[PDB]
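Residue numbers start at 1 and run along the sequence shown. Hydrogens, waters and symmetry mates are skipped; everything else that's a heavy atom, side chains included, is used. For ligands, and for the atoms within them, numbers begin at 1 and follow the listed sequence. Header entry for method reads electron microscopy, 4.4 Å.
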Amino acid sequence: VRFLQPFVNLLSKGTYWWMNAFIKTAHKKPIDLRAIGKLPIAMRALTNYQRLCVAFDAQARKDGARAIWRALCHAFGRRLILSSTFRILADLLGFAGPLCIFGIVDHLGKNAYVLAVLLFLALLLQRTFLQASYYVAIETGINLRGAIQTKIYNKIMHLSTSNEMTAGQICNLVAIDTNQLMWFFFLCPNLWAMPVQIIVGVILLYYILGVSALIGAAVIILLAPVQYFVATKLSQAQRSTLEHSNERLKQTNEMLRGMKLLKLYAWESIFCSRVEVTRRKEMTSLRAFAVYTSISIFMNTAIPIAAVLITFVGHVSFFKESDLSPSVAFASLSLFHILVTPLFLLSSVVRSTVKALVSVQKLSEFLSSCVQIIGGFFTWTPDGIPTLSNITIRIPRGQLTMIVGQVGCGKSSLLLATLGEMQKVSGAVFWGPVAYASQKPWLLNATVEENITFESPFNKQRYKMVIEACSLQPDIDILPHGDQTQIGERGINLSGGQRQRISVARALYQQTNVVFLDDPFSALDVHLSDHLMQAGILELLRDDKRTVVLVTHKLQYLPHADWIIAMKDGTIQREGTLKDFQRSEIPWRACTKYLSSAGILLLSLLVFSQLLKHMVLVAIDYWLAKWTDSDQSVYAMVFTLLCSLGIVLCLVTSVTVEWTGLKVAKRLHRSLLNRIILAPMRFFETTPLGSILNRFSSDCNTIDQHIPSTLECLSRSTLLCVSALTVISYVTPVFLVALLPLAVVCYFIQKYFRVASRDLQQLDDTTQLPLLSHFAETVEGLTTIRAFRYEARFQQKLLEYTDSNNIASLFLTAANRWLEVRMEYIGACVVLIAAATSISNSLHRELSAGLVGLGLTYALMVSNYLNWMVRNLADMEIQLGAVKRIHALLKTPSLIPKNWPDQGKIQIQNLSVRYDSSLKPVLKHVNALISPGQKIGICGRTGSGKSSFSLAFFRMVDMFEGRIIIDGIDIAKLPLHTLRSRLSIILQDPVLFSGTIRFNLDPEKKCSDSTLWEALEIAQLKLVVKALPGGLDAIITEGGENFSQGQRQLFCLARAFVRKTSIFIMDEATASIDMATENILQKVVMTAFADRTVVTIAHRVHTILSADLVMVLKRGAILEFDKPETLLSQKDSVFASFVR
Ligand SMILES: COc1ccc(Cl)cc1C(=O)NCCc1ccc(S(=O)(=O)NC(=O)NC2CCCCC2)cc1
Ligand SMILES: Nc1ncnc2c1ncn2[C@@H]1O[C@H](COP(=O)(O)OP(=O)(O)OP(O)(O)=S)[C@@H](O)[C@H]1O
């Protein structure tokens, strides 16, 4: 245990002194979950779940949305109200501070040291109570999140299967709804403490400025509803923008997958044009969003100026000509800031409260939704026509029981009913932890060994037996990681047969009596199914005398079982055995590049405008200082001039930040796209897709959403802090020399913070990722988990995960409180010293009263500007560190005028090729020649070098040696664009990117309609194309199920037809295609290609047999042969015929 909050001295419970040791150790050694503590018994999943379920029980025994609400209320009780009362007392003392400022200012102009030390004490106490309030509220919220999370997970166990969309709604119910609830519980005490704050503020300012005060008290208040309105607009804009963004991502996911396909003919620019077309729409939305952001930032600092303007001008020169002592004006200034700070929070509080109300309504709607069988009766509804009718079945021990029938006869339904999964209406069923593999296979977010063990102690002989008996070890070794390979989400990097074999292995490996397998032979061949039923079923299951109940439909399994079960229309037609059935019927460089992408045009326009705005904001008060003592009319007019300058300059600065941020986002995205386009193929193959896709998915989005606002806030905070320091220095010179020590202290407080605040931050992210994912895994494979009776262990795992999340999200708020309190203590020390120097120096000797006003008013508030500064600095640093990876990604004609000849005669003399710079060579002394108009075949085993030969023919490998030519022409003087408008290629991996048929046939779109129609008619595709809406305009999706595999290859051949390269490369147009269709495909491609030399590569016999010139790829080299009928009998059918 390390997080000891409840077990320390009640002084440190306030000032967080126990964090000194943690943060000092954290500076040196990197924090981790082993270096972190464990949550106390006072706050776990179990404790909060216990209190919440006790309250829910006491409320439901007296029987809903209001019910769950009151249950949470009575369950979390005293802590929340304690935080709220801390908060209101702090608010009172904060409203009290400026009045003692006023008293001091009065006394010196006409008992003040006492007021100064009282101000010091009241500041420190008020801020301490505020911080304790924040922390207690945050901890209550974290408790509530853990509690309702484990509660809705407990509910996930008892729900019914009849209720895809529900899974997404469940995981949003944990990712956004629960966060809304918890953040609303953060802001709950603020909603109680805001009204008393504004009421005390208005009544206090009225008694200081009189009737005029009221007028001012209106203006500031009028900003609070307006703000809300602005916020709403933002939200609307956000929605629209998000939509566009999503679409863009889709149009990217294709390009970053058909990489080799894309670059094999250089259609990449054609798709980049479309990608840029989407980007402009996205940019257009962003303008309005940033305009609203600018309006918000503008009002933020405009209302403070406007209040003082329309109040002071409307007080003296309007109403009663009352002499305005410096105390009145400066107290009004202080109260204006102390009231502006809370006003913004009310809008966000209202939004958070309504959103939390909706989310709790949603949570309530969700949260409240032998083997003997005699008289089976049930259905998939609380009321409806039944599908289970009159089923009586006995499943004795040690007996193979097949279930056979037609499609839709209640086979798997009977399986789940035997499981107890479906509580039958009227019937009896008796038989426990039963192993079960469902029809649709499911996996976890873990390794292969883990999925097959499934929380079971590992075995050597047992596990190796199960691995070998499932025909799974070779394909397991085929994976990039021989074992312990991280199986992707749902098994994207695996095939269906592998998932099925893993599921069957999981079912077989578990030690239990009963095993169900819902058709485990649907995605398996004949050989693998035979070996599985022989070794794993009849030899391994039948070994330990288990009760195997397998449902399938084959021939070999019928005489191997004991009981045959025939189902028809949900009824057992006949029953018995076989015989009874047959006898019956971050450095400054990242920011430097970020701002230099904007250019010199806007950098200075931003910086100098900010400097001038802050200079105006200080000069207005500097002139007010001389205004005070008493040409009052001229004074007020100068005040009005300054007030106007301030607001105009603020609007200018905001518009500048907006425009600059948008331009930078534009240029950065375009440069990233362009630099990713020109990368080599081996680079794309080396780097995983997640990192390349992820930068565009988030980095871009993150920057656009948060960099401009956070940068603006950081700049405003730092300049306001520097201005306040300069003010309190100019007021009292000696005070300056006292403030530089303390500020240096802050430097030491800075380092130790960041080197931990960053760390904890990332830890939070990590504990958020496997938690949510875990949830999803439980939802899909719910039947398997309720069948294995493994609910207890999984609930244990989820309590573990939510504890690991809460400890991180708790240490983070503890560290934020630490930095806050210490920076605030120093911000109170500085105002203490400033007032103590001002009372003596500026009164006893200097005798100038306009000074102390400015100094006190700025030192009463310097601390909040300091805190804004430091927090925004931390955020800007993490965001700039996120940006740096974008730059890391950023750093990755004599024969032309003569038309490319149709003579396909080529010759590659002494060719070699390597993949990486200075690695093992792929080819060795490759010499070959190809005659015009002659079909060429190439053979070889896997890894022989035929794909490498094709890629080198398209010079896709960047370490080839020798000279390679086409009609005396090579790659020494031609750019890539000409090199891709000269040859055609059909890859083994076909794809149909989204769009219309015109976008797939000719994405360039140069070709005319009759040309595409003829290409479809020749490619045996015109009839199915005419059977679609519109014709040549069917909206296709990436991959999908809109066309057959043969039709995808027909589209590839149509691409080849329209390419008109006159040279064709056929890279395994045979794999994963039915022979009945592949043979007619090759016949069409032969009858269509009488000219325009084609070089093919495959592992089929007849394809290699039909080619004229063929070269057998040896271990490292090739051996070519010209006449096909001569080399297939010269070696006496040893190396070229039986191999083919
Ligand atoms: C902006 O301040 C305020 C100023 C005045 C008032 Cl009347 C209220 C607040 C205020 O904020 N309302 C209290 C509720 C609240 C929410 C966030 C913060 S916080 O400081 O930003 N964040 C943390 O402490 N920890 C986070 C919490 C989320 C998980 C990760 C760690 C502090 C407090
Ligand atoms: N989880 C479910 N929720 C609601 N209805 C279901 C569910 N599973 C199946 N059904 C319905 O129950 C009917 C019968 O389903 P099955 O028992 O799976 O068909 P079966 O032919 O006996 O076995 P199969 O096809 O190998 S899974 C279908 O028409 C479905 O609409």
_Help me out: which of lexibulin, glibenclamide, vimseltinib goes with ligand 1?_
glibenclamide
*Which bound partner of glibenclamide is the main one by contact count, according to the PDB entry?*
ATP-binding cassette sub-family C member 8 isoform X2
*Give the residue and atom of any covalent bond from glibenclamide to a chain.*
none
